[PDB]
Enquirer: 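Lab note: miglitol/Maltase-glucoamylase complex loaded, questions to follow.
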Amino acid sequence: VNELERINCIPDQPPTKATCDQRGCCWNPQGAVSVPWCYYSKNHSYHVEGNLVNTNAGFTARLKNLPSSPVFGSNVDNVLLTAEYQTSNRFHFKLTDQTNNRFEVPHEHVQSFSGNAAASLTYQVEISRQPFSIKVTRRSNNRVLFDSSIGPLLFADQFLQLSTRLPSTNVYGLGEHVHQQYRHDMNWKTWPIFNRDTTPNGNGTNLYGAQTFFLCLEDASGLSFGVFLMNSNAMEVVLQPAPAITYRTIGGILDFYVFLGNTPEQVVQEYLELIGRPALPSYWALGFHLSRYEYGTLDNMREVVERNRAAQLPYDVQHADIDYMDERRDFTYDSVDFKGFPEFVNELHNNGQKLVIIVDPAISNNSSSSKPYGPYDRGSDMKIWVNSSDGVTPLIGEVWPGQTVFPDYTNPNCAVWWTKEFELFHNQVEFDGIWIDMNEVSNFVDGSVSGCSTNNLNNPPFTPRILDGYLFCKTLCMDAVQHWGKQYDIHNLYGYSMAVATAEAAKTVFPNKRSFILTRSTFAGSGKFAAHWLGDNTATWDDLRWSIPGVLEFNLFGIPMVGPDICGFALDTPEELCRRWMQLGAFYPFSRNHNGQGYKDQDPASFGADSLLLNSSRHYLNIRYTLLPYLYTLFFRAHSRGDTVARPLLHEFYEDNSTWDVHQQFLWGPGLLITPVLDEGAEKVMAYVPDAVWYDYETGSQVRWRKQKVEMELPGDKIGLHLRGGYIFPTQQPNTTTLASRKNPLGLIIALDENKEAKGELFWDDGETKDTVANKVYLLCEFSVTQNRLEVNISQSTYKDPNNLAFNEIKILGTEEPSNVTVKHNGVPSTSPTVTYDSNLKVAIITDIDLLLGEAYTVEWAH
Ligand SMILES: *[C@@H]1O[C@H](CO)[C@@H](O[C@@H]2O[C@H](CO)[C@@H](O)[C@H](O)[C@H]2NC(C)=O)[C@H](O)[C@H]1NC(C)=O
Ligand SMILES: *[C@@H]1O[C@H](CO)[C@@H](O[C@@H]2O[C@H](CO)[C@@H](O)[C@H](O)[C@H]2NC(C)=O)[C@H](O)[C@H]1NC(C)=O
Ligand SMILES: *[C@@H]1O[C@H](CO)[C@@H](O)[C@H](O)[C@H]1NC(C)=O
Ligand SMILES: *[C@@H]1O[C@H](CO)[C@@H](O)[C@H](O)[C@H]1NC(C)=O
Ligand SMILES: OCCN1C[C@H](O)[C@@H](O)[C@H](O)[C@H]1CO
């Protein structure tokens, strides 16, 4: 046996022969570090009984267990395999108990499959019977993608395991963790998944959300595939250098989806087609967000707001953390320390800004006739709390306000209760969006105020290697009861159900609007309802570096609006770290500076009205705002098609194996390469320049570099930003709010490829109405240059912006001098525009031009 293919048979304790012999496994302690001493024997597990049965969707098989004896509880001796050829590029199979129904994730988006197996499959499926294995191979080249034969199927009531071989070590995904790198190098590694309030640090623990999806790039041709496990029980994913991946969960069923694509982007698209594509954000939520834990008082918050406005910082959103509340209680504000809160929200709104308020799931149970607490009284009347195991007494835990009950957002009535709470509170404070925190769900006591009973749910046969080693640690009892089921099965779905309910509440509080929801805890599909932030990081250079894989991974997961706390939540931030972080932060899809309680100010203007940090921050935030039309269009593509927004180099440059492990750089979509300085003291970064034409964003000049590692010179006020030849970038002259910026003239940056061609697009709608896409109320146009001609072509034209918008500048990069430029509108000339040419940089700027948005034009020149 090859040692890299040994599947660990003692995942639960240090390995010993006595245990090994007792489990019927193989013993060989001679291997290298982490190679399993005790591993499963070749014939251990299930076999197919009888024949496979063709069905309309695919096939079923009956699986039978070769009689072993209990290790992690009751074995399931008769297992049903059901396989559905759902689409040409999506395969679904589940392993269930033949004789008993079991817990299955009640996903809000994924539906059951009905009717017939798809035509023109890109994959073929093979079943072996003695012993059972399942294999999925790519038809075009016979590449084995999924292959469970490396290990057994284990299917006990509270221990389910399946492994698959992998065709490469280019493996990306799984969460929520701090992986540190982007590519899983497949050395021996276990990643637990169980939603938990814990620090995203170098310890590799389970964090706030649960994401089983991974993507595998098979080879340099781009051919890629994805695997998703639809399971919400505590689990761990085990990676080894075979290469192989094992899923090990403590409940539910093994419900697997396999996705094939021609490129990594197609895998992501196929995955999001199944679980749900991300919500199109409000355009304002694409601006800069400022926040902190404990301004303490409204005067303090107002002071920070005011110094940043005085600095002319682009700055759309102010968040209000739990300090705004009356003693940290939802749906109240502090009438002393936040006296005049409603007038402040008026001032924000008058200045074109928005207010997002934090809300916690926990509701104080402290209500008397003397002092009534409305949210608690109303929720108690509606009977919408999580109950203890008796099924009828609301479970009591403890969070910020003291003893608390927790809403059962899996109950449709709880969304009606929650909605009414927000409508009532909105009458007092006119917030614009909602930040849902602590929704793992996070509890200051273990399980409940009376702890947790000793039983198979709170104290299961096997516990994955989760932080602290017990399931109910800093959360609800596992035998707590909700409408969807027991906490043991649905713990990982709490924040997901909270996002669903909060979206539902927004249909009433902000009629017809997207608003903005930011969530901490997620499950697969949470991006349909919410943005995400990476949690309570620290102001260290390690945290800055670790943020890039975190953002990339959440883009795989369909949560493209994701970012960390810029400058670092915990700790006072050093000026140099915060300056570098603000430079990079300008380019996170979610861009928020947030700071923990008690630490020194880290809002940009706190560093000084004429500090290098403030000047640089404003500079790069203005570039971010200039490029918002391009970013917004990327979000349109994420929402409508399922493309990523922050994109790894490898998704565009997979033919080049030097991109496969790049994680210190990333792209906005296909065209914009972002290269931060990420090292303390550094004024350079070692960077990779992919195989394309690149132009410096600011000067427009073509770099000499191509398909090579470079030492990019980046002084204290610089981040690397390059535009890819072949792409046209729509821009809008910036201002300090998107309310104002959206009224400004537009521009095009044409970055020419080797053949002097480029293409691009622009999506434009009202920026706020929900379902402008489903209802087809938008503008979509396409730009294409070849090679003495720009064509502006209109493809969807059901929104005309009443602000009279037009392109009034075209920048062309990598071009010989354009002469005698003409503008035709629907073939009719024409107005003669101004052209400025830099012969040294090879940049032309066309100005004194007025291409109305939503109209077709041709712009021609000669050389
Ligand atoms: C938690 O316990 C409460 C009672 O404290 C249950 O409330 C029931 O609510 C339904 C639906 O509104 C009513 O028709 C019942 O009459 C209520 N029962 C009682 C005994 O008051 C609630 O169902 C429980 N929730 C869960 C998840 O089990
Ligand atoms: C940026 O937006 C501001 C609004 O905050 C504008 O400052 C306003 O616009 C017009 C000038 O055309 C004035 O009548 C307003 O009084 C201006 N200021 C204020 C304080 O309201 C500004 O024009 C915008 N500028 C850009 C670059 O688009
Ligand atoms: C792991 O956690 C401990 C606290 O449990 C902390 O002190 C330590 O710094 C963490 N390690 C890393 C590598 O971040
Ligand atoms: C409940 O709130 C009241 C009103 O402020 C307070 O006096 C009392 O101590 C609280 N009870 C608990 C259980 O802390
Ligand atoms: O347990 C503390 C609760 N919250 C944790 C969040 O992750 C953080 O962003 C927020 O500032 C803080 C106060 O609301």
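In what follows, residues are counted from 1 in the order of the sequence shown. All ligand and atom numbering here is 1-based and tracks the order in the structure. Both backbone and side-chain heavy atoms feed into the values below; hydrogens, waters and symmetry mates do not.
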Enquirer: I'm trying to find miglitol in this model - which chains or ligands should I check?
Expert: ligand 5
Enquirer: For atom 1 (O) of miglitol, what is the nearest protein heavy atom, given as residue, atom name and distance?
Expert: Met438 SD, 3.4 Å
Enquirer: Using a 4.0 Å heavy-atom threshold (strictly under), name the region of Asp360 that reaches miglitol: side chain, backbone, both or neither.
Expert: neither
Enquirer: Any N or O on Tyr293 sitting closer than 3.5 Å to an N or O of miglitol?
Expert: no
Enquirer: Mind checking whether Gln597 contacts miglitol via backbone (N, CA, C, O), side chain (CB onward), both or neither, at a 4.0 Å heavy-atom cut-off?
Expert: neither
Enquirer: Of all the atoms in miglitol, which lie at a distance below 4.0 Å from a heavy atom belonging to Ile322?
Expert: 14 (O)
Enquirer: Any idea which part of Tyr208 is under 4.0 Å from miglitol, heavy-atom wise: side chain, backbone, both or neither?
Expert: neither
Enquirer: Could you find the nearest protein heavy atom to atom 3 (C) of miglitol and give me its residue, atom name and distance?
Expert: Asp437 OD2, 3.2 Å
Enquirer: Could a heavy atom of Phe444 be found less than 4.0 Å from some atom of miglitol?
Expert: no
Enquirer: Provide, to 0.1 Å, the distance between atom 2 (C) of miglitol and the closest protein heavy atom, together with that atom's residue and name.
Expert: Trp400 CZ2, 3.6 Å
Enquirer: Of the choices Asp321, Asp197, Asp536, which has the non-hydrogen atom that lies closest to atom 8 (C) of miglitol?
Expert: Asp536
Enquirer: With heavy-atom distances below 4.0 Å as the criterion, list the atoms of miglitol near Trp435.
Expert: 9 (O)
Enquirer: Hey, quick one: which residues UniProt lists as binding acarbose in chain A have a heavy atom under 4.0 Å from miglitol?
Expert: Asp321, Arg520, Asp536, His594
Enquirer: Tell me the protein heavy atom at minimum distance from atom 9 (O) of miglitol, and give that distance in Å.
Expert: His594 NE2, 2.9 Å
Enquirer: List the residues forming the binding site of miglitol, heavy atoms under 4.0 Å.
Expert: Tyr293, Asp321, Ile322, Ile358, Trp400, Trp435, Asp437, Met438, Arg520, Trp533, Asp536, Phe569, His594
Enquirer: Could you give the N/O to N/O pairs under 3.5 Å linking miglitol and the protein, each with its distance?
Expert:
unit_1, atom_1, unit_2, atom_2, d
miglitol, 4 (N), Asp437, OD2, 2.8
miglitol, 7 (O), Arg520, NH1, 3.0
miglitol, 7 (O), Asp536, OD1, 2.6
miglitol, 7 (O), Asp536, OD2, 3.4
miglitol, 9 (O), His594, NE2, 2.9
miglitol, 11 (O), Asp321, OD2, 2.5
miglitol, 11 (O), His594, NE2, 2.9
miglitol, 14 (O), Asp321, OD1, 2.8
miglitol, 14 (O), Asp437, OD2, 3.4

